[PDB]
Chemist: 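Drug: GC376 (bound form) | Macromolecule: 3C-like proteinase.
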There are 2 protein chains.
Amino acid sequence: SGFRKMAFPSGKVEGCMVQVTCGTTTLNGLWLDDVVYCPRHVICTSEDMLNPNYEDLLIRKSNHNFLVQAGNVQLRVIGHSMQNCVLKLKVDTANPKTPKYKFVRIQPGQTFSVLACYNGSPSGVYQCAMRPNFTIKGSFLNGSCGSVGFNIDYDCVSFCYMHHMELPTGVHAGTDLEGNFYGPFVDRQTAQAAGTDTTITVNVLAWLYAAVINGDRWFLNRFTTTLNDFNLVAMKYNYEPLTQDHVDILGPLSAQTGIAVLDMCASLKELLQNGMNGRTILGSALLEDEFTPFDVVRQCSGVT
Amino acid sequence: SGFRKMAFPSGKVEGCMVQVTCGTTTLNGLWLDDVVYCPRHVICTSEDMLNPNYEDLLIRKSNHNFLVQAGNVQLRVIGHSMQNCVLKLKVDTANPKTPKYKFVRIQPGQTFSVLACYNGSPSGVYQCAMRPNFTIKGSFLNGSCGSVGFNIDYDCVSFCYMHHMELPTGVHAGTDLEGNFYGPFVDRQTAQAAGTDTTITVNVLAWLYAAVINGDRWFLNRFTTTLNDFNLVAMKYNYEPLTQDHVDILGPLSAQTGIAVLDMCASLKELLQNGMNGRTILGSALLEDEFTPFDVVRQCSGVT
Ligand SMILES: *[C@H](O)[C@H](C[C@@H]1CCNC1=O)NC(=O)[C@H](CC(C)C)NC(=O)OCc1ccccc1
Ligand SMILES: *[C@H](O)[C@H](C[C@@H]1CCNC1=O)NC(=O)[C@H](CC(C)C)NC(=O)OCc1ccccc1
Ligand SMILES: [Cl-]
Ligand SMILES: [Cl-]
Ligand SMILES: [Cl-]
Ligand SMILES: [K+]
Ligand SMILES: [K+]
Ligand code: NA
Ligand code: NA
C-alpha cells in the first residue's frame, strides 16, 4: 500500500535527448528517426526574444547554423523547417535508440511525466497535470526549453509536451510536438495571463478514493448529494463541473471502495466548506488534483 | 523557477532489472555483472513467511530452482549464496547493460530514487527519504520486493536500498545491497515497530530556503534565535536537533538568500507554534522534510 506521485521510467526518452545550439542560444532537442524537434526561439538572441519576427529571423539561418550534439558526436543538419512554434531539423542519421512513439495533444486534467534536461542531458523526472487553464506547475531553469512531457503505454512513448516558457505567476507553458501551444500563449518575452486556474474535480475525487483504498477514511461523512447540487458547490470554489462521464470514469474506484460517487461528492463538499481541521489525507493538508482516475488505478494495481 | 519532488532519470537502472522466481514466489532482481541480487524471502512459501528459518529453507534449494528471466531470455544460474537478507545468484552471462555502480549504505535524512518494479519490469519512479527511524514512505504492492533505491553522480549509479516489506503503519522497510536492514527490522511476517518518526530539521530548513529562492517569503519573521534555544523548541515537536554541521551544510543556501540560518530557525519556530494559518509554502500546507540541502541546490542550479 502507499500512494505516491510517480513518473514513468524515463529510459526510452533519455535516448532521444540532444543539444541544439544556434549562435549563443543552447537548448534541448528531441531526436526521433532523422528529425530533431526543438523550440523555435533557439534562433533568437536575448534582444530578439522581446518581440521576435520568427519568419524574418529564420530566413537568416542555414542548415550549418544549427549545431546538434548527441553526447560527444555532431549530427549533420541536412534541412530545416518551422512548424508553428517548433523547429524541425532534418539530420543525416536516424536515432538508433528511437523508441516506438507517437505525438498526442493531451486534454486538460490529464497527467504526464517531464524529463527535465539541460544541455541535452537529463536532470530529473517529475509528474505534471495539464491544468484546466493550460499551464503546468513545473520546475524549469534557463536552458530547460525543449525538455518534453510524455506517457508510456506498454512500449509506445506518447509525447505530448515540449517546454517553452515561464509565466509571471511562476507556472509553465509549452506546446505539443506539432508546435501548437497549449493555451492562449505566444513565444514572446512579454507578460501573459493564463486566467483563473480551476481545480480538476474528477482528479480530487480519484485521490479521495485512493485515500480510502489506502486506509484513510476520516473524511467520509453521512451525506449524499446530486450532480446539480454538487456543481453549485463546485463552481463556488472554482472547481470544474462534474459530469456523468466523470462518474463513469470513477466507476471502478467506486466499486473497489463501495462508495457511491455522489456519496464521495458530499464528502468533498464538507471538506470544501469546513476544511481539513488540521488533519491530513495521504500525507497532504490540501486537496490534491494532479492524479487522474487512471493514475490511481495504475498505481493501486501494479501496472508495468 | 518552480520546485518539484523529482527523481533521477531511471534508464541506467531499468537495464538492470530482472525477474526471479523460486517455486510459486516471484519478485524482482538486480542484475549487475554476473550476479543477480534479490530478497532472500523469494525462497519462502506463504506459510514459511510467518516464521522462516532461512538457512534450513535455502538448503533445500539448488541453482536450477531459481528461474531468472531478463525480458524474454532465461539466465542460467551457476551458483548461489545468502548474504544477510539478500540472495546472490551467480549467472553465466554478465549484464551487457551494467552501468558504472557502487553499493552505499545511506544515512537517515538522505534521499534517493525508487524504481518500482513488478515481474522484472519497471512501473514508475519516485523520490524517498530514509526517515530517522529507518523507514520510507513508499508505494509498494505484492511483487514489488527487489525494487531498488539509488542515486546518480555523473555516470555512476549508487545503489542504496532494496525493498523487502511493509510495516503495520503502512511505511516500508528494506536493506542495503549487502542485505543488511535499515532499522531494527527482520524479514519475517510478524508485527514490527519502527518507533517515533522524527522530522528531518535540516531538510525542512533547506525546503524553506527553496521557498524563498522561488519567491515565497510570507513566513519570514523579525526574530532570530540560538541553536540551544531552537533545539529546545525542536525536541518538543519531535524534530531532530540542529548542529553546526547542519548550519554549514545550509551555508550556500543561506548565502543565496541572505537569510542567516538562525534567522530561518526563528521563522520555523513560529511556524511550529502557530501553524500556517491556511497559507501554503511551495504549494504545500505542511512543512516538507524530504528535500536535502543538496536536493535543493541541485534542483535550483540545473545539475545534470
Ligand atoms: C527556455 O529554456 C526558457 C525556459 C524558462 C527559463 C526560465 N524558466 C523557464 O521556464 N524560455 C524562455 O526563457 C522564454 C523565451 C521566450 C522567447 C518565450 N522566456 C521566458 O520564459 O521568459 C520568462 C522568464 C522567467 C524567468 C527567467 C527568464 C525568463
Ligand atoms: C515483497 O514484494 C513484499 C512487499 C510488500 C507487498 C505488500 N506491500 C509491500 O511492501 N514483502 C512482503 O510481503 C513481506 C514478506 C516477509 C517474508 C518479510 N511481508 C510483508 O510485507 O507483510 C506485510 C504485508 C502488508 C500488506 C500486504 C502483504 C504483506
Ligand atoms: Cl504560431
Ligand atoms: Cl510529490
Ligand atoms: Cl540477517
Ligand atoms: K458521504
Ligand atoms: K526570522
Ligand atoms: Na497540435
Ligand atoms: Na551494509
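Note: chain IDs run A, B, ... matching the order in which the sequence lines appear. Going by the PDB entry, the residues shown for chain A are 1-304, listed in order. In order, the residues displayed for chain B correspond to 1-304 in the PDB entry numbering, which applies throughout. Any value given below was found using the heavy atoms of this structure, including those in side chains, with hydrogens, waters and symmetry copies removed. In listed order, ligands and their atoms are each counted from 1.
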Chemist: Which components of the model belong to GC376 (bound form)?
Modeler: ligands 1 and 2
Chemist: Hi! I'm trying to figure out whether this entry has a covalent bond from GC376 (bound form, ligand 2). Which residue and atom?
Modeler: B:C145 SG
Chemist: Got a sec? Which UniProt active-site residue of chain B is nearest to GC376 (bound form, ligand 2), and what's the heavy-atom distance to 1 Å?
Modeler: B:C145, 2 Å
Chemist: Less than 3.5 Å between some nitrogen or oxygen of B:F140 and one of GC376 (bound form, ligand 2), yes or no?
Modeler: yes
Chemist: Should the proximity of B:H163 to GC376 (bound form, ligand 2), defined as any heavy atom under 4.0 Å, be assigned to the side chain, the backbone, both, or neither?
Modeler: side chain
Chemist: Taking heavy atoms and a distance under 4.0 Å, where does B:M165 meet GC376 (bound form, ligand 2): side chain, backbone, both or neither?
Modeler: both
Chemist: Show which atoms of GC376 (bound form, ligand 2) fall inside a sub-4.0 Å distance from at least one heavy-atom site of B:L141.
Modeler: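 Per the distance check, 6 (C).
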Chemist: Please could you name the atoms of GC376 (bound form, ligand 2) that B:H164 approaches to less than 4.0 Å, counting only its heavy atoms?
Modeler: 1 (C), 3 (C), 11 (N), 12 (C), 14 (C)
Chemist: Mind checking whether B:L27 has a heavy atom under 4.0 Å from GC376 (bound form, ligand 2)?
Modeler: no
Chemist: Mind checking which UniProt domain of chain B carries most of the contacts with GC376 (bound form, ligand 2)?
Modeler: Peptidase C30
Chemist: Within the protein, is there a heavy atom lying under 4.0 Å from atom 28 (C) of GC376 (bound form, ligand 2)?
Modeler: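 It does not: no protein heavy atom is found less than 4.0 Å away from atom 28 (C) of GC376 (bound form, ligand 2).
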Chemist: Quiz question for you: does at least one protein heavy atom lie closer than 4.0 Å to atom 13 (O) of GC376 (bound form, ligand 2)?
Modeler: no
Chemist: Please state which part of B:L167 comes within less than 4.0 Å of GC376 (bound form, ligand 2), counting heavy atoms only: side chain, backbone, both or neither.
Modeler: neither
Chemist: Can you check atom 1 (C) of GC376 (bound form, ligand 2): any protein non-hydrogen atom closer than 4.0 Å?
Modeler: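 At least one protein heavy atom is under 4.0 Å away.
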Chemist: Evaluate B:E166 for polar contact with GC376 (bound form, ligand 2), using N/O atom pairs at a separation under 3.5 Å.
Modeler: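 Yes.
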Chemist: Would you call B:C44 a GC376 (bound form, ligand 2) contact, heavy-atom distance under 4.0 Å?
Modeler: no
Chemist: Is it the case that GC376 (bound form, ligand 2) has an N or O less than 3.5 angstrom from some N or O of B:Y54?
Modeler: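 No.
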Chemist: Quick one: what's the binding site of GC376 (bound form, ligand 2) if I count heavy atoms under 4.0 Å?
Modeler: A:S1, B:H41, B:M49, B:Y54, B:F140, B:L141, B:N142, B:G143, B:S144, B:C145, B:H163, B:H164, B:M165, B:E166, B:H172, B:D187, B:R188, B:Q189
Chemist: Tabulate distances under 3.5 Å between N/O atoms of GC376 (bound form, ligand 2) and N/O atoms of the protein, writing both atom names on each line.
Modeler:
{"from": "GC376 (bound form, ligand 2)", "atom 1": "2 (O)", "to": "B:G143", "atom 2": "N", "distance (Å)": "3.3"}
{"from": "GC376 (bound form, ligand 2)", "atom 1": "2 (O)", "to": "B:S144", "atom 2": "N", "distance (Å)": "3.4"}
{"from": "GC376 (bound form, ligand 2)", "atom 1": "2 (O)", "to": "B:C145", "atom 2": "N", "distance (Å)": "2.8"}
{"from": "GC376 (bound form, ligand 2)", "atom 1": "8 (N)", "to": "B:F140", "atom 2": "O", "distance (Å)": "3.3"}
{"from": "GC376 (bound form, ligand 2)", "atom 1": "8 (N)", "to": "B:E166", "atom 2": "OE1", "distance (Å)": "3.2"}
{"from": "GC376 (bound form, ligand 2)", "atom 1": "10 (O)", "to": "B:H163", "atom 2": "NE2", "distance (Å)": "2.8"}
{"from": "GC376 (bound form, ligand 2)", "atom 1": "11 (N)", "to": "B:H164", "atom 2": "O", "distance (Å)": "2.9"}
{"from": "GC376 (bound form, ligand 2)", "atom 1": "21 (O)", "to": "B:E166", "atom 2": "N", "distance (Å)": "3.1"}

